[PDB]
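A deposited model with GS-9876.
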Amino acid sequence: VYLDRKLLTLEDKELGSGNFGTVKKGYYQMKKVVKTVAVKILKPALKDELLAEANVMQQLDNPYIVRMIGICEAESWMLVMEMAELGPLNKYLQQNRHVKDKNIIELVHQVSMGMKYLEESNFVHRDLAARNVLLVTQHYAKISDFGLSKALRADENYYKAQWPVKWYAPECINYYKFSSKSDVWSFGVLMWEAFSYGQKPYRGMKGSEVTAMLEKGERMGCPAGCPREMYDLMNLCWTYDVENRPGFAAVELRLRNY
Ligand SMILES: Nc1cncc(-c2cn3ccnc3c(Nc3ccc(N4CCN(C5COC5)CC4)cc3)n2)n1
């Protein structure tokens, strides 16, 4: 899974950044054709964290998950992935307010299929948000940013940590337990973000203020122009009790029929 640095050419402009360091556009010389790529370039536990991210991506093979090309150890550690040219979903929608709601449903349904696969694979994403959905085209979305993801043990359906608070279900905040159902709650917030054309959720509120609101049974309101069925699904994703909240099979199934 180890790439040749001479076969990788990086562009100076940067696509994004994270605690890991920077993301740059590049080109990798494949078997004959050259492939456009996005490269995460490492800036102390980050190397192990980047390698863990690569380990998850190596195991995943689904049309709605960003594909990794490989890793390269050169001037810095690099995670080379196929390029999703149109970038993060939230920024795209902030700049393209005329996408049809039908178009949004198609994109959020694609996200549920990638997440259904991840759930079937017993991986939890733990960072599912509109900023981590990338557009290949306006009609093809892929899930990215597996830096926090975990492979669940064969005998448990959750990972217990020893944070993007606004995307986390109550059981994550209160008990530190992350499951596919926790990702479902995030998917509900992601849906809200998508239908709000990339506005931030719980605008102007502290994480502790968000937690108090949810405990009161309050939820974000319906974004302007959002179809009732999609708001209803969001509310179902925001079911307080992990046991009664739907899984991705149920979410994906509802989205497919709609
Ligand atoms: N963890 C992070 C943090 N940041 C980025 C990424 C990231 C990861 N990936 C994996 C595959 N593909 C991508 C990708 N792709 C991308 C494509 C286009 C843009 N945009 C840059 C700004 N641009 C304006 C400046 O000129 C117009 C709009 C398009 C950004 C990212 N990004 N991962």
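Residue numbers start at 1 and run along the sequence shown. Per the header of the entry, the method used was X-ray crystallography, 2.0 Å. Order of appearance sets the numbers: ligands from 1, and atoms from 1 within every ligand.
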- Message: Curious which chain letters or ligand numbers map to GS-9876 here.
- Response: ligand 1
query = What does the PDB entry call the chain with the greatest number of heavy-atom pairs under 4.5 Å to GS-9876 (ligand 1)?
reply = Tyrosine-protein kinase SYK
Binding-site residues: GS-9876 (ligand 1), 4.0 Å heavy-atom cut-off: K13, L15, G16, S17, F20, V23, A38, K40, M81, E82, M83, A84, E85, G87, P88, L134, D145
What does the deposited model list as the covalent connection for GS-9876 (ligand 1): residue and atom, or none?
none
Numbering the atoms of GS-9876 (ligand 1) from 1, which are under 4.0 Å from a heavy atom of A84? 11 (C), 12 (N), 15 (N), 16 (C), 17 (C)
- Task: Can you pull out the closest protein heavy atom to atom 4 (N) of GS-9876 (ligand 1)? Residue, atom name and distance to 0.1 Å, please.
- Result: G16 CA, 3.3 Å
Next on the checklist: I'd like to check which GS-9876 (ligand 1) atoms, numbered from 1 as shown, lie under 4.0 Å from a non-hydrogen atom of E85.
Outcome noted: 17 (C), 18 (C)
Review point. Just which atoms of GS-9876 (ligand 1) are under 4.0 Å from any heavy atom in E82?
Key: 11 (C), 12 (N)
query: Is there at least one protein heavy-atom neighbour under 4.0 Å from atom 18 (C) of GS-9876 (ligand 1)?
result: yes
Q) Near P88, which atoms of GS-9876 (ligand 1) are under 4.0 Å from a heavy atom of that residue? A) 30 (C), 31 (C)
(Q) Could you check which residue UniProt calls active site in chain A sits nearest to GS-9876 (ligand 1), and how many Å separate the closest heavy atoms? (A) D127, 8 Å
- Query: Nearest protein heavy atom to atom 29 (C) of GS-9876 (ligand 1), by residue and atom, and its distance?
  - Reply: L86 O, 4.3 Å
### Query
Which of the numbered atoms in GS-9876 (ligand 1) are below 4.0 angstrom from a heavy atom of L134?
8 (C), 9 (N), 10 (C), 11 (C), 12 (N), 13 (C), 14 (C)
| query | Which atoms from GS-9876 (ligand 1) have a heavy atom of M81 less than 4.0 Å away? | reply | 8 (C), 9 (N), 10 (C)
Specify which UniProt ATP-site residues in chain A come within 4.0 Å of GS-9876 (ligand 1), measured from their heavy atoms. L15, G16, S17, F20, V23, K40
Suppose I only count heavy atoms of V23 and a 4.0 Å limit; which atoms of GS-9876 (ligand 1) are within that range?
2 (C), 3 (C), 4 (N), 5 (C), 6 (C), 7 (C), 33 (N)
Indicate yes or no: does an N/O atom of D145 lie under 3.5 Å from an N/O atom of GS-9876 (ligand 1)? yes
Handout entry: atom 33 (N) of GS-9876 (ligand 1) protein-contacted, heavy-atom criterion under 4.0 angstrom
Key = yes
Counting from 1, what GS-9876 (ligand 1) atoms have a heavy atom of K40 closer than 4.0 Å? 1 (N)
Practice task
Starting from atom 22 (C) of GS-9876 (ligand 1), find the nearest protein heavy-atom neighbour and note its residue, name and distance.
Solution key: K13 NZ, 4.1 Å
query = Looking at chain A, which UniProt domain houses most residues near GS-9876 (ligand 1)?
reply = Protein kinase
Got the closest protein heavy atom to atom 20 (N) of GS-9876 (ligand 1), with its distance?
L15 CD2, 4.5 Å
Expected rows: GS-9876 (ligand 1) N/O, protein N/O, dist below 3.5 Å:
residue, atom, partner, partner atom, Å
GS-9876 (ligand 1), 1 (N), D145, OD1, 3.3
GS-9876 (ligand 1), 1 (N), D145, OD2, 3.0
GS-9876 (ligand 1), 12 (N), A84, N, 3.1
GS-9876 (ligand 1), 15 (N), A84, O, 3.2

